[PDB]
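Letters A, B, ... mirror the listed sequences (proteins, then strands); counts begin at 1. We count ligands from 1, going down the list as the structure has it; atoms in each ligand are counted the same way.
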6 protein chains.
Amino acid sequence: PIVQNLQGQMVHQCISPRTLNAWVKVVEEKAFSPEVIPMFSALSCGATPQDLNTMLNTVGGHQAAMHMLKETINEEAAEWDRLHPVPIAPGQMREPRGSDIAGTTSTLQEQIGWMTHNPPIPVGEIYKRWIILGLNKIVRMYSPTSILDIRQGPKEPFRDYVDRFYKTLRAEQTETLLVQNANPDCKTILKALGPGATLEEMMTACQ
Amino acid sequence: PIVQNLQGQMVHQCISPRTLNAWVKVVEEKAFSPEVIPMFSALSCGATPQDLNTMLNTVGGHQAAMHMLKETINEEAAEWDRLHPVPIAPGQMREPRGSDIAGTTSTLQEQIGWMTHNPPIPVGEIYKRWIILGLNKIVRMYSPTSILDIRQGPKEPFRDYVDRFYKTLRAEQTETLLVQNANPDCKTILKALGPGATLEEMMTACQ
Amino acid sequence: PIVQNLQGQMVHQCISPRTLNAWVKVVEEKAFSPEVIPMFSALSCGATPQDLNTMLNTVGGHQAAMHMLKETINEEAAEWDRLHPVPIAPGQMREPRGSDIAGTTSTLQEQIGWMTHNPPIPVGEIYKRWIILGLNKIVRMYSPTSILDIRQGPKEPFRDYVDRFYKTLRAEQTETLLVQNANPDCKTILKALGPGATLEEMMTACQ
Amino acid sequence: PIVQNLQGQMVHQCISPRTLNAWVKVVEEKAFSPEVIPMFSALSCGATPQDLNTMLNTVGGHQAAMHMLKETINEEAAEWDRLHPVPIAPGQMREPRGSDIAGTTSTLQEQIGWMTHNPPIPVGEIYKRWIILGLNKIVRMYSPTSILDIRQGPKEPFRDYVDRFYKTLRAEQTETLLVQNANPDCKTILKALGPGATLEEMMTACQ
Amino acid sequence: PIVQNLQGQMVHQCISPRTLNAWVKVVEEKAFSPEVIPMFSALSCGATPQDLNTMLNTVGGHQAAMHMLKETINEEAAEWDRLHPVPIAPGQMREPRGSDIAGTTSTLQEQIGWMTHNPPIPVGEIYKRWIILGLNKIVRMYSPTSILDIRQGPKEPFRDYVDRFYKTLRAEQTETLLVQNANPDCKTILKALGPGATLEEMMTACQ
Amino acid sequence: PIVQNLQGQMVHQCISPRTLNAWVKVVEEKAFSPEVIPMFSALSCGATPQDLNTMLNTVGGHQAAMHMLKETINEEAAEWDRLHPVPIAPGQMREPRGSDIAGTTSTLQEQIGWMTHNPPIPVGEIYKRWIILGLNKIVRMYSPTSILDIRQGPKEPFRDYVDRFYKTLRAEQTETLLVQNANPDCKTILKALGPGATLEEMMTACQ
Ligand SMILES: CC(C)(C#Cc1ccc(-c2ccc(Cl)c3c(NS(C)(=O)=O)nn(CC(F)(F)F)c23)c([C@H](Cc2cc(F)cc(F)c2)NC(=O)Cn2nc(C(F)(F)F)c3c2C(F)(F)[C@@H]2C[C@H]32)n1)S(C)(=O)=O
Ligand SMILES: CC(C)(C#Cc1ccc(-c2ccc(Cl)c3c(NS(C)(=O)=O)nn(CC(F)(F)F)c23)c([C@H](Cc2cc(F)cc(F)c2)NC(=O)Cn2nc(C(F)(F)F)c3c2C(F)(F)[C@@H]2C[C@H]32)n1)S(C)(=O)=O
Ligand SMILES: CC(C)(C#Cc1ccc(-c2ccc(Cl)c3c(NS(C)(=O)=O)nn(CC(F)(F)F)c23)c([C@H](Cc2cc(F)cc(F)c2)NC(=O)Cn2nc(C(F)(F)F)c3c2C(F)(F)[C@@H]2C[C@H]32)n1)S(C)(=O)=O
Ligand SMILES: CC(C)(C#Cc1ccc(-c2ccc(Cl)c3c(NS(C)(=O)=O)nn(CC(F)(F)F)c23)c([C@H](Cc2cc(F)cc(F)c2)NC(=O)Cn2nc(C(F)(F)F)c3c2C(F)(F)[C@@H]2C[C@H]32)n1)S(C)(=O)=O
Ligand SMILES: CC(C)(C#Cc1ccc(-c2ccc(Cl)c3c(NS(C)(=O)=O)nn(CC(F)(F)F)c23)c([C@H](Cc2cc(F)cc(F)c2)NC(=O)Cn2nc(C(F)(F)F)c3c2C(F)(F)[C@@H]2C[C@H]32)n1)S(C)(=O)=O
Ligand SMILES: CC(C)(C#Cc1ccc(-c2ccc(Cl)c3c(NS(C)(=O)=O)nn(CC(F)(F)F)c23)c([C@H](Cc2cc(F)cc(F)c2)NC(=O)Cn2nc(C(F)(F)F)c3c2C(F)(F)[C@@H]2C[C@H]32)n1)S(C)(=O)=O
Ligand SMILES: [Cl-]
Ligand SMILES: [Cl-]
Ligand SMILES: [Cl-]
Ligand SMILES: [Cl-]
Ligand SMILES: [Cl-]
Ligand SMILES: [Cl-]
Ligand SMILES: [Cl-]
Ligand SMILES: [Cl-]
Ligand SMILES: [Cl-]
Ligand SMILES: [Cl-]
Ligand SMILES: [Cl-]
Ligand SMILES: [Cl-]
Ligand SMILES: [Cl-]
Ligand SMILES: [Cl-]
Ligand SMILES: [Cl-]
Ligand SMILES: [Cl-]
Ligand SMILES: [Cl-]
Ligand SMILES: [Cl-]
Ligand SMILES: [Cl-]
Ligand SMILES: [Cl-]
Ligand SMILES: [Cl-]
Ligand SMILES: [Cl-]
Ligand SMILES: [Cl-]
Ligand SMILES: [Cl-]
């Protein structure tokens with residue numbers, strides 16, 4: 001990543017073995033659960049496009065998703081080229097192309113040059129926004145259960161039902177559907193509460 | 001987080017893989033036990049609102065609690081706006097809104113600017129206080145057993161009973177109830193001790 | 001903790017995830033064995049009162065001991081107030097109270113101010129001494145076996161017996177009792193050695 | 001590796017135990033899966049030829065591949081000598097040979113001298129490009145299944161089939177073959193979609 | 001420990017959680033095997049007497065050995081007082097006593113003052129030499145098997161026998177006894193080799 | 001080890017717990033496999049003779065090999081004394097002896113003085129070369145199988161056979177013997193290939 005040293009200047013740092021292993025492990029354990037996306041964003045703090053491509057390529061398996069990611073990246077790369085239509089002088093920064101932001105036609109020194117410019121061209125943050133966009137579309141598609149099928153069981157604790165409800169809702173990307181899909185006993189209690197009840201009040205009443 | 005370097009200036013640091021993994025793991029293992037809250041506070045030392053949102057979003061599951069957390073955060077964010085009613089000049093700090101402190105309408109550079117100002121606007125500590133408030137309400141609600149039902153067994157060691165008693169009491173958020181819920185043999189000993197006995201004296205007498 | 005940087009000045013550092021996890025784990029594995037106390041002291045090197053309270057609060061369970069710890073802390077806090085009886089000027093250090101040293105009525109900035117003063121008021125070391133005092137009283141009470149009941153078995157190796165003997169003695173908080181509680185065969189050998197024998201000589205003779 | 005300190009100068013650093021162990025472990029677990037190559041590239045960030053040889057030599061087993069790697073390295077080393085045909089003055093940098101870039105006839109001080117020169121001779125990056133070239137040829141040869149034999153099962157979820165398809169394709173080093181190898185039911189749906197369908201659209205239709 | 005910063009001055013550093021855990025773990029796994037002593041010496045690099053006492057006190061169990069260690073320490077402390085017989089002026093270093101070097105009557109600031117003096121009084125290295133002396137006496141006593149009882153089996157590989165032979169010899173604290181305790185077949189071969197054979201030659205001949 | 005700080009000067013650093021544990025673990029898991037030697041060389045980057053002796057002494061077991069190592073070290077130490085035959089002035093570097101390079105008659109300060117001299121006397125690298133020499137002789141002797149006995153099985157995959165072939169060859173310290181020891185079916189194919197075939201071509205043909 002590009003990180004500021006202990007003297008106030010932005011310099012390049014090698015991606016750490018702890019960072020590399022943490023990203024690989026979370027994909028192995030959680031696949032494309034919704035909480036994997038913020039983990040990717042945190043673990044790629046200050047990452048260059050090269051670092052972002054590194055993280056994606058260390059993922060073995062889920063290659064269907066990785067190809068969807070490339071398609072989303074190319075869509076965003078093509079949009080950037082339509083919003084930013086371009087001899088380049090000696091020793092002198094060039095504007096980046098979509099494929100430059102994606103790290104495919106640009107060198108690390110070029111990415112360092114853009115990201116540390118004054119003002120900086122944050123090709124890493126632009127690329128990361130493309131990746132998260134594509135990652136979120138994967139999260140929705142891999143969500144196994146629709147919110148319409150999350151209904152509280154006749155003996156299911158309300159707490160467990162709300163857990164499944166909003167876990168599903170988070171991947172699908174509320175309060176009245178949560179009441180409608182509650183079981184008959186709790187749904188009866190939740191209507192007596194009236195409108196405007198908080199989740200805390202609702203869960204307390206069906207305890 | 002925002003941490004001071006080895007030269008005496010406050011700069012931004014990327015949240016570490018060790019920090020990210022430590023928060024995720026403790027939630028996986030302890031859920032919303034009372035001791036999870038001080039762990040969250042320590043692991044979020046110097047955190048920005050972005051870092052605080054990062055930590056919350058890496059939690060998979062317990063999504064019912066996370067939605068209660070959002071409701072508490074919005075309540076505190078709405079209160080801040082009622083206590084701090086607001087053209088913004090070029091290059092110049094703006095007062096934060098409730099959603100700015102919660103990291104939803106503010107950028108990282110803006111959060112860095114507030115937290116490192118002189119005097120600093122500690123939007124991270126303000127947000128953290130909101131989160132801990134909401135986290136504590138979750139701890140009370142998820143406490144499975146009431147203090148009224150913690151009574152020493154006829155053969156239960158007094159040490160084990162006091163452990164369960166104050167473990168329950170900590171989540172519920174004393175000395176006379178501890179005597180009343182003791183078993184007949186120990187309760188007899190504890191009355192002979194008289195008032196003002198310490199916990200050490202009480203546990204010694206029923207050993 | 002408060003640690004000196006690489007330039008010779010005392011500044012605040014966030015308690016590390018490795019430190020937090022190491023304290024939690026040792027309590028989970030060893031409870032209140034005697035060797036847990038020096039581990040707590042080492043892991044709290046340079047800790048502020050806030051850091052000391054952090055470490056105590058990350059302990060889940062053993063809540064009976066934690067309440068005994070609070071009682072000991074309040075006793076020491078009350079003593080400090082009796083030994084140090086107190087408008088506070090603008091921007092100007094105030095003497096600490098017992099509850100200030102215990103981190104309950106003092107801010108982190110105040111604790112940093114005391115600990116880094118010239119001369120420093122080591123509220124962290126004062127608090128730590130209170131905690132270790134209370135922790136040691138827990139170690140004695142949780143010692144399951146009295147030294148009077150540690151006697152060498154008729155076929156127990158002398159090495160194993162001495163291990164149990166001084167393990168028990170360490171928690172209870174010597175040489176002649178070790179001879180008296182030895183088995184008949186070894187006790188006969190140990191009297192023939194005479195007075196003033198070292199532990200090495202004693203263990204060698206009963207090998 | 002050669003890394004810039006916190007003062008802006010490139011100096012030598014010892015390869016870390018975390019780096020050494022991370023490379024060994026990934027080879028033990030994944031052998032020559034395609035994602036092992038980007039892991040090698042990231043873990044060898046800023047590596048000298050000595051560091052690159054270190055990483056290769058810590059690999060136990062897969063010695064057939066390591067000998068293929070040497071053959072590829074010698075081929076690239078011989079090419080470099082044909083593109084760069086060479087008394088060397090006292091204290092004065094010499095041009096490198098193919099075996100110098102491969103770390104076999106050059107010292108660490110010589111590699112440091114080339115890599116930190118102005119302008120730098122990046123013998124580490126040149127060597128790394130040779131290694132990755134040879135590593136990729138191993139990935140293709142060790143790919144067990146050909147893309148022609150990746151066909152969706154009659155009850156295999158389309159997602160799982162695309163995973164295997166592009167996993168195989170990645171090692172072999174698309175969209176119309178993916179349709180042809182789909183099962184009859186899904187292939188019927190995919191033709192109705194028409195040309196130019198994205199992977200996301202294709203996977204959605206066969207869900 | 002006392003370690004030099006990145007600016008060339010000796011300052012105090014808190015003993016690390018990795019150091020504390022590494023010492024505890026090696027004692028748990030290897031007890032008082034001979035190789036535990038050099039591990040203790042390496043892990044206590046630059047340690048103060050306080051750090052050395054910390055490491056000893058984190059050891060749970062083996063309390064018989066720890067009491068032998070104290071007896072050896074007191075013997076060396078008494079010797080130092082006999083070799084170094086002693087108003088102390090304000091703000092001014094005092095010569096250390098045996099108990100000062102052992103960390104029992106001296107503060108950390110005093111130990112820092114001695115160790116960083118010019119010229120330095122290395123109370124840490126003096127104490128460490130006392131500890132290693134006592135630790136080595138424990139290694140000899142806990143050696144279970146005498147060298148006289150290490151004899152090669154009639155079908156035992158010579159390599160395995162030499163391993164046990166010098167493992168035992170290392171704890172007991174050679175070449176002709178190794179031949180005498182070899183089995184008849186190998187002993188016959190080893191006499192034909194003649195005097196002055198290396199261990200490599202000896203092991204080769206009995207392979 | 002001796003490592004350069006972040007200011008460009010060579011200073012002493014304590015051997016890290018990660019380094020110590022990594023060397024011990026690899027010996028426990030791999031014994032004297034060929035790849036253990038480059039691991040030792042990397043983990044001893046910049047090591048002093050004291051650090052090199054530390055690493056050897058933390059190895060428990062394999063004491064036969066460690067005694068062969070001492071014999072090789074003494075041989076190299078005796079050679080150095082024959083190539084470098086020696087009042088030493090106050091405060092003034094002395095030439096090292098063989099036992100000085102091996103760390104047996106020299107202090108750490110003396111080793112630091114030699115290694116950081118201008119020009120430096122690299123007693124650590126000289127000692128390390130002695131150790132690796134002796135370690136390699138152990139690798140050859142502990143190789144269980146000779147290359148003459150590595151022959152491809154009638155149903156053994158050629159890839160697996162080449163793996164065993166060069167694994168054995170690496171420890172023993174090629175292309176025509178690999179053909180001769182192939183099975184009849186593959187050997188027939190390999191002769192049809194003709195001379196000068198690469199390993200990649202050979203393995204491809206027998207696939
Ligand atoms: C950069 C990056 C790392 C980021 C970010 C990021 C940025 C801002 C915010 C946020 C913070 C506080 C509030 Cl009060 C609101 C709000 N208030 S409101 C009117 O109630 O919605 N909204 N937001 C998002 C915003 F921006 F959209 F406004 C927020 C979040 C929250 C952080 C959070 C997590 C948590 F657990 C509990 C919290 F209290 C807060 N994370 C989400 O909210 C995700 N989420 N989604 C849904 C669903 F859809 F199912 F309902 C659900 C959540 C949920 F909160 F987890 C919980 C079960 C419900 N994260 S990134 C690109 O990788 O993602
Ligand atoms: C920032 C953050 C990390 C913090 C903080 C924080 C700040 C201050 C204090 C504190 C410190 C010392 C004393 Cl003497 C008292 C006191 N003296 S008194 C008159 O006896 O109560 N009070 N306090 C709290 C205060 F502030 F309220 F005053 C304290 C604590 C204690 C730390 C502590 C833990 C411990 F194990 C043993 C100790 F000796 C001290 N932690 C708690 O006390 C929580 N707790 N709750 C209850 C219950 F309710 F069940 F009884 C119980 C505890 C318990 F101690 F664990 C124990 C079983 C009993 N923590 S945060 C926002 O994440 O939490
Ligand atoms: C800050 C902190 C981390 C500290 C400290 C701290 C400070 C000083 C000392 C100490 C050091 C050397 C000597 Cl020679 C003596 C001594 N000489 S003497 C006349 O023989 O007793 N005394 N001391 C304590 C002093 F200060 F009281 F003098 C010491 C210790 C020893 C360190 C030690 C541990 C060890 F394993 C082996 C050693 F050789 C030395 N640790 C203890 O001694 C605890 N202990 N208790 C008993 C029992 F009671 F059962 F007998 C037993 C021990 C035992 F040693 F483990 C062993 C089985 C016997 N630690 S803290 C507040 O968290 O604790
Ligand atoms: C230095 C080093 C570490 C590097 C690099 C490196 C450099 C650039 C790029 C890259 C980035 C973005 C796009 Cl949009 C394209 C593109 N757009 S396009 C017209 O669709 O192909 N192409 N590229 C490569 C380029 F350079 F060739 F252009 C890219 C990659 C991608 C990174 C990536 C991984 C991922 F998972 C998902 C992504 F969105 C992006 N990694 C690959 O693409 C490897 N891969 N191969 C195939 C296959 F062949 F099977 F189809 C498949 C992949 C796959 F993506 F994983 C996925 C299943 C499909 N890596 S190194 C020497 O060690 O490797
Ligand atoms: C500070 C500290 C960490 C230290 C140190 C320390 C200091 C110096 C030396 C040393 C180095 C090289 C040589 Cl050539 C000789 C030598 N040459 S010689 C004429 O043949 O003996 N002697 N020495 C010791 C010296 F100083 F005494 F001279 C050495 C050692 C060796 C290091 C070593 C370990 C190893 F595995 C293989 C090696 F090649 C070298 N470690 C020992 O030798 C311990 N050992 N003991 C015996 C036994 F007794 F069974 F035979 C046996 C060993 C053994 F080597 F392991 C092996 C099985 C045989 N360590 S500390 C206080 O914690 O210990
Ligand atoms: C300091 C230290 C850490 C070092 C070093 C060190 C220094 C240089 C080199 C080296 C690098 C590149 C080439 Cl192209 C050749 C070459 N070209 S050539 C004409 O084909 O032989 N030769 N060399 C050695 C040199 F110096 F001798 F020239 C090399 C190596 C290689 C590194 C390497 C490992 C690898 F896996 C794959 C590679 F492509 C390169 N490591 C070895 O080669 C060891 N090895 N041995 C044999 C055997 F004998 F069985 F055939 C076999 C290997 C093998 F490669 F693993 C593989 C199965 C075959 N390491 S240290 C003192 O601890 O060891
Ligand atoms: Cl995966
Ligand atoms: Cl790739
Ligand atoms: Cl821009
Ligand atoms: Cl509930
Ligand atoms: Cl969870
Ligand atoms: Cl999210
Ligand atoms: Cl404010
Ligand atoms: Cl008790
Ligand atoms: Cl616990
Ligand atoms: Cl608490
Ligand atoms: Cl004071
Ligand atoms: Cl014994
Ligand atoms: Cl392997
Ligand atoms: Cl090798
Ligand atoms: Cl070039
Ligand atoms: Cl799908
Ligand atoms: Cl132990
Ligand atoms: Cl103790
Ligand atoms: Cl001295
Ligand atoms: Cl052998
Ligand atoms: Cl071993
Ligand atoms: Cl030793
Ligand atoms: Cl020389
Ligand atoms: Cl093959």
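The drug seen at ligand 6 is recorded under the name lenacapavir.
Structurally, the main neighbour of lenacapavir (ligand 6) is the chain that the PDB entry identifies as Capsid protein p24. Other chains within a heavy-atom distance below 4.0 Å of lenacapavir (ligand 6) are, by letter, D, F. For lenacapavir (ligand 6), the residues with any heavy atom closer than 4.0 Å are D/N53, D/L56, D/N57, D/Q63, D/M66, D/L69, D/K70, D/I73, D/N74, D/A102, D/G103, D/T104, D/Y127, F/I37, F/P38, F/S41, F/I132, F/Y166, F/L169, F/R170. From the protein, the heavy atom lying nearest to atom 29 (C) of lenacapavir (ligand 6) is D/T104 CG2, 3.4 Å. With a cut-off of 4.0 Å around lenacapavir (ligand 6), the other ligands and ions picked up are ligand 20 (chloride ion). Remark: lenacapavir (ligand 6) atoms within the under-4.0 Å shell around heavy atoms of D/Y127 are 11 (C), 12 (C). In this structure, the protein non-hydrogen atom closest to atom 58 (C) of lenacapavir (ligand 6) is D/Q63 OE1, 3.2 Å. In this PDB entry, no covalent tether of lenacapavir (ligand 6) is modeled. From the protein, the heavy atom lying nearest to atom 40 (C) of lenacapavir (ligand 6) is D/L56 CD1, 3.8 Å. Of all protein heavy atoms, the one closest to atom 1 (C) of lenacapavir (ligand 6) is F/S41 OG, 3.9 Å. For atom 55 (F) of lenacapavir (ligand 6), the nearest protein heavy atom (residue, atom name, distance) is D/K70 CD, 3.0 Å. Atom 34 (C) of lenacapavir (ligand 6) has its closest protein heavy atom at D/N57 OD1, 3.0 Å.
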Please produce the table of protein N or O atoms sitting under 3.5 Å from N or O atoms belonging to lenacapavir (ligand 6), one pair a line, distance to 0.1 Å.
residue, atom, partner, partner atom, Å
lenacapavir (ligand 6), 20 (O), D/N74, ND2, 3.4
lenacapavir (ligand 6), 21 (O), D/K70, NZ, 3.3
lenacapavir (ligand 6), 41 (N), D/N57, OD1, 2.6
lenacapavir (ligand 6), 43 (O), D/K70, NZ, 3.0
lenacapavir (ligand 6), 60 (N), D/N57, ND2, 2.9

